[PDB]
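Check out this one - glaucine stuck to glau4.
As listed: the chains are lettered in turn, A, B, ..., one for each sequence line. To match the PDB entry, the residue numbers of chain A are left as they are there, and the shown ones run 8-191. Note that chain B carries the PDB entry numbering, so the residues on display, from first to last, are 8-190. Side-chain atoms are counted along with the backbone in the values below, which use heavy atoms only and exclude waters and symmetry mates. Just so you know, ligand 1 is whichever comes first in the structure, and atom 1 is the first atom listed for that ligand.
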Amino acid sequence: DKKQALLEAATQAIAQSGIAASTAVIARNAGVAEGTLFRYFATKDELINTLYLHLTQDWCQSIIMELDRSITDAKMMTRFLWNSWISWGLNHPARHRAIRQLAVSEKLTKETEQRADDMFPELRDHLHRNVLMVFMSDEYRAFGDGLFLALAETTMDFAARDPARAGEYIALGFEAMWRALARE
Amino acid sequence: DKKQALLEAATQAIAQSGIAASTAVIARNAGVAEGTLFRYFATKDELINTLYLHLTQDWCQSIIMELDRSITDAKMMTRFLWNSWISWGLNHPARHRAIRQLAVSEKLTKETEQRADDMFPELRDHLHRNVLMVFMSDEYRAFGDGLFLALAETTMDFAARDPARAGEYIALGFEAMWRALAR
Ligand SMILES: COc1cc2c(cc1OC)-c1c(OC)c(OC)cc3c1[C@H](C2)N(C)CC3
Ligand SMILES: COc1cc2c(cc1OC)-c1c(OC)c(OC)cc3c1[C@H](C2)N(C)CC3
């Protein structure tokens, strides 16, 4: 599928260069021309919105596939979701780097933000109950996501480069994130 | 001059391509051959180290300048330090982009690390008194550094794009960092 080829190529390019990644590079790496890229995505912004939804679906399905239903404590459930997030990023570091660039972008439309939330409603509701009010507000929700993604990517980076201590980085990063973002 | 032209060209190149920026491009952006860069610097690792101290001195000076330690409260002093760091990164995005990568680059020697600490000894003392002891340990200080830098860089990024709310981002970033890292 050439649409999937373009999305995979856009993941790799945006992980490397951010949203500044060139659509000519992306198309060529997908094995297609820049013109047919724009026949799939009429604008670069449309490519960016669709890719963010594609990657959001990917990590949502992966984390839904691991959801431990025994966990009934709110902080332990958040630790499990954090662990699942770090694992996804360690397993797919390009996807995580790309999604971190996309999530903190002003190019995401309101329909995209709504569709991203609806892909994992149990998680959206869980965060509404446990995250500090300011980081669910209309004005500071994206910044709260940016702070989460920054602590998570740092945690992945140190876990990946020093795997003998990966569990420690992940638990220290979790505890740091929990008091940065969560209701005490 | 020639050493500084290499240092500033290395700052722009490492900001644009990361620490793996080629010595040829850096040398070329200063009008000198690649072999002259290896004359001024023994290895790439050594130039990475030297650039780190040059950029560390640049922000330490900028922060010691606005440093008022007539303030006694630990939290409010950390807030003003945080604000100065954000201010420096906003004013010099390329210098901050370069230093942020070197700080987590794992190629910095420990003479370099301690020489960086000596450029601002009161900050090191303030940090030891107020940062969670796990993050001031030798095992996890780099990680604690990385977390601080990631939070601060996100704060800078939102403040730059949204100047009307910039200080709110700065205030919220500080409070999250403070909860994440301080005792
Ligand atoms: C502002 O606070 C928070 C914001 C978010 C998350 C957690 C927070 O604090 C617990 C969070 C999360 O939850 C662990 C999780 O789990 C799979 C996944 C993700 C996120 C963030 C948004 N983004 C949606 C990337 C994916
Ligand atoms: C692990 O905890 C911390 C680590 C650091 C800082 C603060 C921390 O907690 C408050 C910190 C700081 O202090 C505000 C500051 O101010 C001029 C400047 C800087 C840093 C970090 C290291 N790096 C040295 C970049 C520069």
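By chain letter, those with a heavy atom nearer than 4.0 Å to glaucine (ligand 1) are A. For chain A, the entry records the source organism Salmonella enterica subsp. enterica serovar Typhimurium. Of the candidates A/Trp185, A/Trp66, A/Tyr147, the one placing a heavy atom closest to atom 26 (C) of glaucine (ligand 1) is A/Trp66. Using 4.0 Å as the threshold, A/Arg148 has no heavy atom nearer than that to any atom of glaucine (ligand 1). Protein heavy atom in closest approach to atom 20 (C) of glaucine (ligand 1): A/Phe155 CE2, 3.6 Å. Here the heavy atom of the protein found nearest to atom 16 (O) of glaucine (ligand 1) is A/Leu88 CB, 3.5 Å. Looking at atom 3 (C) of glaucine (ligand 1), its nearest protein heavy atom turns out to be A/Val138 CG2, 3.6 Å. Lab note: binding site of glaucine (ligand 1), heavy atoms under 4.0 Å, is A/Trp66, A/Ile70, A/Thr85, A/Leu88, A/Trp92, A/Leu130, A/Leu134, A/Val138, A/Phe142, A/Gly151, A/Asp152, A/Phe155, A/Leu156, A/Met184, A/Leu188.
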For glaucine (ligand 1), list every N/O pair with the protein closer than 3.5 Å, one pair per line with the distance.
residue	atom	partner	partner atom	Å
glaucine (ligand 1)	23 (N)	A/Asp152	OD1	2.6

